[PDB]
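Structure containing lenacapavir.
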Amino acid sequence: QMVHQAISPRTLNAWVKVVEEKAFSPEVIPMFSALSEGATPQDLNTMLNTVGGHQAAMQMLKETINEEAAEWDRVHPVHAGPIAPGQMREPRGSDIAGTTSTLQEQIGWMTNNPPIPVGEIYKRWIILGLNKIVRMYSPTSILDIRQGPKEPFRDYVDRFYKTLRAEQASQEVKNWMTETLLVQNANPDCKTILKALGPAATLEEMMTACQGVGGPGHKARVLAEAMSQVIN
Amino acid sequence: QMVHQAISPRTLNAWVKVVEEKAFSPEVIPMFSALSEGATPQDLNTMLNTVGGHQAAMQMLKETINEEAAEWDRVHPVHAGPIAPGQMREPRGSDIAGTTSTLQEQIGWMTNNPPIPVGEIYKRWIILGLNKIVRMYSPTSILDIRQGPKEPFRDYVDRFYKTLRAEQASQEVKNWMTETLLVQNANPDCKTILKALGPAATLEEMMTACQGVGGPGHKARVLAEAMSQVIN
Amino acid sequence: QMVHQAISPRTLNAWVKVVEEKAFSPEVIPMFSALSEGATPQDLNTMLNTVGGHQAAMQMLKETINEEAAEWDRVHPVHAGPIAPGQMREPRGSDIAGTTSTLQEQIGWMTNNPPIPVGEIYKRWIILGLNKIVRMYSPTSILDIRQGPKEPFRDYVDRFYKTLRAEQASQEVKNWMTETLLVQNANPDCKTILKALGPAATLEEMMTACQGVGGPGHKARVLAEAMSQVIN
Amino acid sequence: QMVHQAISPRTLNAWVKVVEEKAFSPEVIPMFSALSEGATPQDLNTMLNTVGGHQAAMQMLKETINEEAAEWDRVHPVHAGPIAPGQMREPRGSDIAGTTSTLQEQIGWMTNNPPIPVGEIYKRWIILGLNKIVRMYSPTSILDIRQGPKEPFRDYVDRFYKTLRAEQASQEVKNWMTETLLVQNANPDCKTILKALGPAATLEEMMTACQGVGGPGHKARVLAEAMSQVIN
Amino acid sequence: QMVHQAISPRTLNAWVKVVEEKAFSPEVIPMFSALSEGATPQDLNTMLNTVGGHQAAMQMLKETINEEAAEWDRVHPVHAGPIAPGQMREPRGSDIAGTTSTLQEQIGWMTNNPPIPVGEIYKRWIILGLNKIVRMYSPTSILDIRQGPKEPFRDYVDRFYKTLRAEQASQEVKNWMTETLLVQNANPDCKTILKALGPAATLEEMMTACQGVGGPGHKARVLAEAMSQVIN
Ligand SMILES: CC(C)(C#Cc1ccc(-c2ccc(Cl)c3c(NS(C)(=O)=O)nn(CC(F)(F)F)c23)c([C@H](Cc2cc(F)cc(F)c2)NC(=O)Cn2nc(C(F)(F)F)c3c2C(F)(F)[C@@H]2C[C@H]32)n1)S(C)(=O)=O
Ligand SMILES: CC(C)(C#Cc1ccc(-c2ccc(Cl)c3c(NS(C)(=O)=O)nn(CC(F)(F)F)c23)c([C@H](Cc2cc(F)cc(F)c2)NC(=O)Cn2nc(C(F)(F)F)c3c2C(F)(F)[C@@H]2C[C@H]32)n1)S(C)(=O)=O
Ligand SMILES: CC(C)(C#Cc1ccc(-c2ccc(Cl)c3c(NS(C)(=O)=O)nn(CC(F)(F)F)c23)c([C@H](Cc2cc(F)cc(F)c2)NC(=O)Cn2nc(C(F)(F)F)c3c2C(F)(F)[C@@H]2C[C@H]32)n1)S(C)(=O)=O
Ligand SMILES: CC(C)(C#Cc1ccc(-c2ccc(Cl)c3c(NS(C)(=O)=O)nn(CC(F)(F)F)c23)c([C@H](Cc2cc(F)cc(F)c2)NC(=O)Cn2nc(C(F)(F)F)c3c2C(F)(F)[C@@H]2C[C@H]32)n1)S(C)(=O)=O
Ligand SMILES: CC(C)(C#Cc1ccc(-c2ccc(Cl)c3c(NS(C)(=O)=O)nn(CC(F)(F)F)c23)c([C@H](Cc2cc(F)cc(F)c2)NC(=O)Cn2nc(C(F)(F)F)c3c2C(F)(F)[C@@H]2C[C@H]32)n1)S(C)(=O)=O
Ligand SMILES: C=C(C)[C@@H]1CC[C@]2(C(=O)O)CC[C@]3(C)[C@H](CC[C@@H]4[C@@]5(C)CC[C@H](OC(=O)CC(C)(C)C(=O)O)C(C)(C)[C@@H]5CC[C@]43C)[C@@H]12
Ligand SMILES: O=P(O)(O)O[C@H]1[C@H](OP(=O)(O)O)[C@H](OP(=O)(O)O)[C@H](OP(=O)(O)O)[C@@H](OP(=O)(O)O)[C@H]1OP(=O)(O)O
């Protein structure tokens with residue numbers, strides 16, 4: 001037969017925009033519940049594959065799906081023997097998840113009498129994964145990258161640029177983030193030097209200027225400055 | 001047959017109260033999805049017709065529904081004509097939306113074997129529309145009606161009263177809104193005159209007092225006052 | 001037959017965690033609808049019985065379910081006559097709610113041809129109840145217990161400890177709550193006395209110290225001190 | 001038959017990441033050319049539908065595809081006469097674009113003898129559209145929203161918030177953008193007032209303070225201050 | 001047959017409330033012993049699945065159950081051959097715990113002649129696990145999160161918020177904990193700066209103010225302050 005509730009172009013685009021705009025806020029759960037309703041496991045897998053970024057969250061979701069597939073296998077014993085020509089093989093957990101089943105097999109299960117709603121079972125597994133992601137997963141934010149009090153400036157710059165590469169933004173916005181946040185979120189010892197450097201300093205000049213922060217000479221110099229302030 | 005999941009009086013009232021209390025915040029999407037499950041397209045249309053105000057949002061929803069009906073028609077080719085006497089005509093997008101189908105026809109599709117869940121397909125279309133509304137539609141608010149720096153006071157009053165007529169509130173709250181926000185949200189040039197006029201001033205008196213703001217006489221008078229302050 | 005959408009261990013645990021973490025915030029409505037889909041009324045009742053605390057909310061939910069069951073009974077007239085041996089009895093509202101139906105009967109209704117999705121009907125009833133709870137139910141909070149201006153300190157302490165017993169917290173957190181909030185949220189008249197007592201004062205000492213607040217002696221003493229300030 | 005070059009989950013995810021990371025820089029053209037080679041028009045349409053945002057760009061692509069389909073229809077004259085039972089209908093432009101053709105028909109055209117590579121023809125059409133997008137389409141940027149010299153502060157705030165809603169960023173990043181760019185990109189006349197307000201000022205306070213900029217009172221006041229400097 | 005001592009709704013709710021109120025104080029052991037008496041392994045598994053939080057404790061309980069099942073398998077040799085039609089398979093350790101057995105099999109074992117009380121055997125295994133939890137498991141407490149003498153403020157804040165997410169409390173109580181405990185439980189070096197910041201400081205301002213504690217400039221400054229106190 002055919003699946004009447006196969007996802008339309010606008011449904012898939014709406015799911016993509018939901019993920020892009022809300023990330024994994026709780027609102028993702030009702031949206032996925034409504035957009036994916038009635039769809040085959042193949043359509044749900046398409047929706048899950050359209051998620052860009054958030055690799056850790058998607059790995060969490062995959063682990064949850066595997067656990068639910070194992071639970072399905074535990075609750076459904078394997079039947080050994082020759083299947084009737086009219087009948088078809090009973091779904092397994094991987095068949096529900098669509099890893100070992102074709103679209104035709106999923107449609108056959110969904111439209112059989114009695115029907116096995118493999119799409120809705122898979123949808124509940126995905127919802128469990130999404131709930132786990134919403135509770136536990138925190139996406140990396142370029143706004144959260146601050147230099148540690150004893151962290152070398154080079155290591156902080158490496159962390160900043162790694163997070164910026166992972167950041168969801170336009171390239172112009174990422175350039176503006178580099179121009180604003182990097183010096184702003186440095187630790188005070190490095191920030192003093194960076195401000196003394198001036199606004200026109202390049203990244204290499206900034207990195208050379210802070211290369212000694214925490215070394216013997218810089219420590220002695222700041223200690224001597226503080227002691228001179230005290231004596232005066 | 002009969003639809004076991006037809007909307008109850010409490011279900012319809014809950015949907016009405018959801019729309020009235022939350023407008024089109026994201027919470028409207030789960031509630032609708034929960035409140036309309038297993039209902040016919042007729043019940044869904046009844047739920048949609050109970051939305052008071054937000055006419056622009058309802059128009060956006062209608063456009064989304066029409067687009068989804070067109071997609072359904074594209075995916076489902078029409079038949080040649082030999083309809084089986086026992087069988088019924090296959091639904092079109094308009095039939096899914098309930099514009100060209102009766103309640104009996106929708107029930108027949110829903111309870112047929114194999115079943116066509118016309119209600120659930122229509123629900124998915126309505127959810128797509130509601131998502132578009134939540135993302136893109138902003139209801140007019142009496143709170144953000146402010147007089148422009150060069151806007152005539154009469155035009156501002158007309159805008160304020162149009163928004164107030166569109167506002168969801170009781171008549172007493174609307175009167176209090178008129179007494180409070182109209183003078184508060186005027187521009188400084190008109191606001192000074194209104195303050196000098198006194199609380200007892202009526203709408204006609206305020207409008208007459210502010211009729212000359214921005215004209216040559218008022219501009220000359222304010223410029224002369226500023227010049228006199230400068231000279232002194 | 002067999003129900004393929006029976007709640008798994010992780011589904012039940014997710015529902016328990018949702019109720020514990022979110023109480024009855026609106027997020028409870030989508031989560032329930034997602035976790036409970038396809039389940040029998042028995043699984044729905046299991047989830048409902050897993051709710052610890054919020055007894056008034058659960059009474060509201062029960063009242064809503066009874067009203068929906070009455071609506072179902074009104075809509076479905078009871079038919080007199082012996083049921084066919086192949087057929088089963090038509091469900092009543094109590095049967096959908098699972099009070100008067102066994103799991104076997106629920107599964108038979110859900111997997112019959114034509115099917116009666118008693119699980120989905122009951123789910124919508126529970127959603128109506130949950131929506132009513134979210135709208136109208138506010139859980140008691142230990143943070144909200146504050147001594148009235150003329151309330152005896154003993155009555156305030158009784159209310160505080162009752163609310164603390166109802167509070168969802170660990171014993172250590174409850175002890176810290178007692179150490180912090182009880183004196184903090186006392187009225188000024190008792191609060192000056194409690195501060196004068198000192199940090200080491202026990203509950204009995206605090207209750208004895210404030211036992212006279214509002215009595216003729218305390219009123220006369222505070223009036224005398226105020227008059228001393230005035231005539232100073 | 002079957003299509004061996006159907007897009008894999010990783011191929012689709014790579015396309016999604018390309019669009020999210022590069023927007024429509026020229027690099028999109030090689031990536032799309034390489035990721036979509038040998039795919040059916042259905043897979044191509046899926047990839048096109050996973051593009052979030054850039055609605056004007058997608059409309060441009062749709063117009064280019066429609067014009068290429070019209071060119072195909074011009075070049076290939078529709079032949080009148082029943083098709084051979086072994087043969088299949090020749091594809092039209094809409095068939096290559098996938099609007100009026102099913103996946104089975106596309107596979108039949110691609111795997112026929114002689115083959116009609118509808119996937120590759122559609123790929124070239126999409127590449128033409130993408131080239132037009134890369135040359136002529138500029139995405140909106142929140143960094144580009146600056147208040148005009150005579151623009152009311154209300155209108156500038158409206159434009160800023162519309163562009164921010166359209167911006168591809170996390171909610172925290174959008175909040176930081178509101179905190180940073182709105183006052184920064186205001187015109188000098190509003191900017192001096194906003195600075196005088198202080199950092200703690202809310203949006204409504206900022207919007208009330210600038211409500212009179214450009215009005216007769218503000219014009220007179222600034223002219224008076226300038227004349228005070230001159231005649232000093 | 002049927003299990004006469006299947007857990008009632010009130011039994012399950014009482015178990016949930018026991019775990020919520022008491023966590024894993026020794027009182028859990030008698031309560032579980034009394035609530036679960038006579039129940040099938042399926043019912044006990046339900047009770048264990050209703051435990052929210054304490055995931056480490058539940059993992060310990062699962063390990064104890066697995067060890068007891070292994071001991072059962074060691075003591076009960078596997079019998080190979082054709083089971084009598086009137087007889088059922090002898091239970092294994094996994095069958096006692098209900099992982100590889102169905103409710104029907106458990107009821108058959110429990111009601112057979114001679115009976116195998118699989119529920120009570122499983123109950124003793126669970127009691128052993130609960131005893132191990134009571135002796136060894138210590139739940140995380142937000143009250144126990146204190147900043148180390150050399151710990152960066154950002155790391156301490158991250159630990160605090162992780163523990164707060166795991167804490168059993170209402171959201172309002174968690175907000176109160178954030179407003180009270182975080183500054184209170186910081187180390188003295190950070191607490192001095194935080195107190196100098198003021199009561200209205202946000203989390204970002206607090207993190208910025210302590211970003212340099214332990215860095216060279218801060219160390220020099222505090223050493224200079226101490227030396228100045230000594231010289232004076
Ligand atoms: C052809 C088509 C119709 C199809 C299909 C199709 C078929 C099956 C599956 C699949 C489903 C369930 C499981 Cl449980 C496993 C599995 N279990 S396993 C042995 O442990 O790995 N493997 N698969 C791969 C399988 F089946 F091919 F083997 C799956 C997918 C998933 C959908 C999915 C994506 C996701 F993110 C998280 C999920 F839980 C499920 N997509 C992938 O898995 C590829 N992926 N994975 C991960 C990650 F690791 F981060 F989670 C990532 C991707 C990514 F999308 F690139 C993206 C960056 C993230 N799609 S179409 C048009 O969509 O292309
Ligand atoms: C008999 C009965 C059970 C029925 C039915 C019934 C049947 C069909 C439809 C309908 C459904 C879908 C489409 Cl797609 C079209 C269509 N497509 S079209 C060619 O472009 O216009 N037309 N219809 C009219 C049709 F079918 F009659 F032709 C429809 C409605 C809609 C329900 C609906 C309301 C809505 F807000 C938005 C929707 F998307 C759908 N209600 C209307 O449409 C009337 N409406 N419209 C608009 C607006 F334009 F602002 F959105 C407004 C109304 C309003 F309610 F007054 C309210 C102020 C807003 N109800 S009942 C309840 O009466 O007793
Ligand atoms: C055996 C099993 C499979 C089962 C079942 C099972 C079967 C039926 C029902 C039931 C369902 C619907 C109605 Cl409408 C009535 C009814 N209508 S009536 C004549 O007016 O009272 N009675 N019942 C009892 C019936 F059926 F026995 F008669 C019900 C329950 C409910 C589920 C439920 C819980 C709830 F909170 C609110 C609900 F709306 C429904 N649970 C109870 O009712 C016991 N309960 N009640 C209340 C309260 F009063 F606060 F709401 C409280 C409990 C509590 F859980 F302790 C908790 C503190 C709160 N469970 S299992 C594994 O789960 O144990
Ligand atoms: C079921 C499935 C296999 C399929 C399919 C499927 C089938 C066909 C088409 C399609 C292809 C070519 C043309 Cl030439 C037209 C057409 N020509 S016409 C009469 O002038 O409009 N109509 N269609 C709709 C048709 F065919 F239904 F009629 C098409 C699509 C396009 C793919 C596409 C996307 C795109 F962005 C630009 C394109 F050029 C083509 N997707 C849509 O069209 C929906 N869309 N449109 C636009 C816009 F208008 F902005 F461009 C937008 C969308 C959006 F994705 F939401 C996104 C925000 C942007 N997908 S699956 C798993 O992928 O869902
Ligand atoms: C359908 C139904 C009747 C049933 C059943 C049902 C059937 C079996 C089991 C089970 C029992 C014994 C073992 Cl010895 C194993 C096993 N041994 S193994 C190969 O090493 O992992 N696996 N199982 C899963 C099995 F059998 F399905 F494979 C089990 C469970 C357990 C009950 C249980 C919970 C628990 F906390 C600790 C236990 F010791 C036992 N529930 C789970 O296990 C799922 N779980 N696990 C863990 C953790 F890992 F943290 F401990 C957590 C959960 C959680 F509940 F989510 C919660 C957060 C914590 N329930 S119902 C109405 O209740 O849903
Ligand atoms: C004779 C006098 C009493 C005094 C004594 C000497 C004097 C002085 O020192 O005070 C020299 C300066 C002047 C001439 C004043 C008179 C007033 C004028 C005036 C206020 C006149 C109104 C004019 O305004 C416009 O044209 C309106 C405007 C918005 C610019 C438009 O139309 O585009 C401007 C240009 C703003 C001038 C500035 C110069 C001065 C101060 C004189
Ligand atoms: O629009 P504004 O900037 O607020 O000022 C305008 C405008 O001056 P601008 O050139 O700065 O825009 C007019 O144009 P100019 O003559 O100065 O070039 C001017 O005179 P005209 O209208 O005769 O051209 C006069 O306009 P008005 O006659 O209405 O006073 C004036 O004041 P307004 O703001 O009130 O328009």
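Convention: sequence-line order gives letters A, B, ...; per-chain numbering from 1. The structure has been trimmed to a portion of the entry, and contacts are counted only among what remains. Heads up, header says this was done by electron microscopy, 2.1 Å. All ligand and atom numbering here is 1-based and tracks the order in the structure. These numbers come from the heavy atoms of this one structure, side chains and all, not from hydrogens, waters or symmetry mates.
The structure holds lenacapavir at ligands 1, 2, 3, 4 and 5. Of the chains near lenacapavir (ligand 4), the one making the most contacts is recorded in the PDB entry as Gag. Every other chain with a heavy atom under 4.0 Å from lenacapavir (ligand 4) is listed here: A, B, D. Heavy atoms within 4.0 Å of lenacapavir (ligand 4) belong to A/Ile7, A/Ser8, A/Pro9, A/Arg10, A/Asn13, B/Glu71, B/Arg74, D/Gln42, D/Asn45, D/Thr46, D/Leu48, D/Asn49, D/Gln55, D/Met58, D/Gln59, D/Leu61, D/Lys62, D/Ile65, D/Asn66, D/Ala97, D/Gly98, D/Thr99, D/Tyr122.
For lenacapavir (ligand 4), the polar-atom distance check finds an N/O of D/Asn66 within less than 3.5 Å of one of the ligand's N/O atoms.
Under the 4.0 Å distance rule, the nearest protein heavy atom to atom 19 (C) of lenacapavir (ligand 4) falls outside the cut-off. Listed by number with element, the atoms of lenacapavir (ligand 4) under 4.0 angstrom from any heavy atom of A/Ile7 are 1 (C), 64 (O). Within a 4.0 Å radius of atom 2 (C) of lenacapavir (ligand 4), the protein has no heavy atom. Of all atoms in lenacapavir (ligand 4), numbered sequentially from 1 with element shown, those under 4.0 Å from a heavy atom of D/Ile65 are 14 (Cl), 39 (F). The atoms of lenacapavir (ligand 4) that sit less than 4.0 Å from any heavy atom of B/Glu71 are 25 (C), 27 (F). Atom numbering of lenacapavir (ligand 4) starts at 1 in the shown order; those under 4.0 Å from a heavy atom of D/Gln42 are 3 (C). Listed by number with element, the atoms of lenacapavir (ligand 4) under 4.0 angstrom from any heavy atom of D/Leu48 are 32 (C), 33 (C), 34 (C), 36 (F), 38 (C), 40 (C). Taking every heavy atom of D/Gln59 and a limit of under 4.0 angstrom, the matching atoms of lenacapavir (ligand 4) come to 48 (C), 49 (F), 50 (F), 51 (F). Atoms of lenacapavir (ligand 4) found under 4.0 Å from any heavy atom of A/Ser8 (numbered from 1 in listed order, with element): 64 (O).
Counting protein heavy atoms only, atom 16 (C) of lenacapavir (ligand 4) is closest to D/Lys62 NZ, 3.7 Å. The deposited entry places no covalent bond of lenacapavir (ligand 4) on a chain. When only non-hydrogen protein atoms are considered, atom 44 (C) of lenacapavir (ligand 4) lies nearest to D/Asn49 OD1, 3.5 Å.
The PDB entry lists the organism for chain D as Human immunodeficiency virus type 1 group M subtype B (isolate HXB2).
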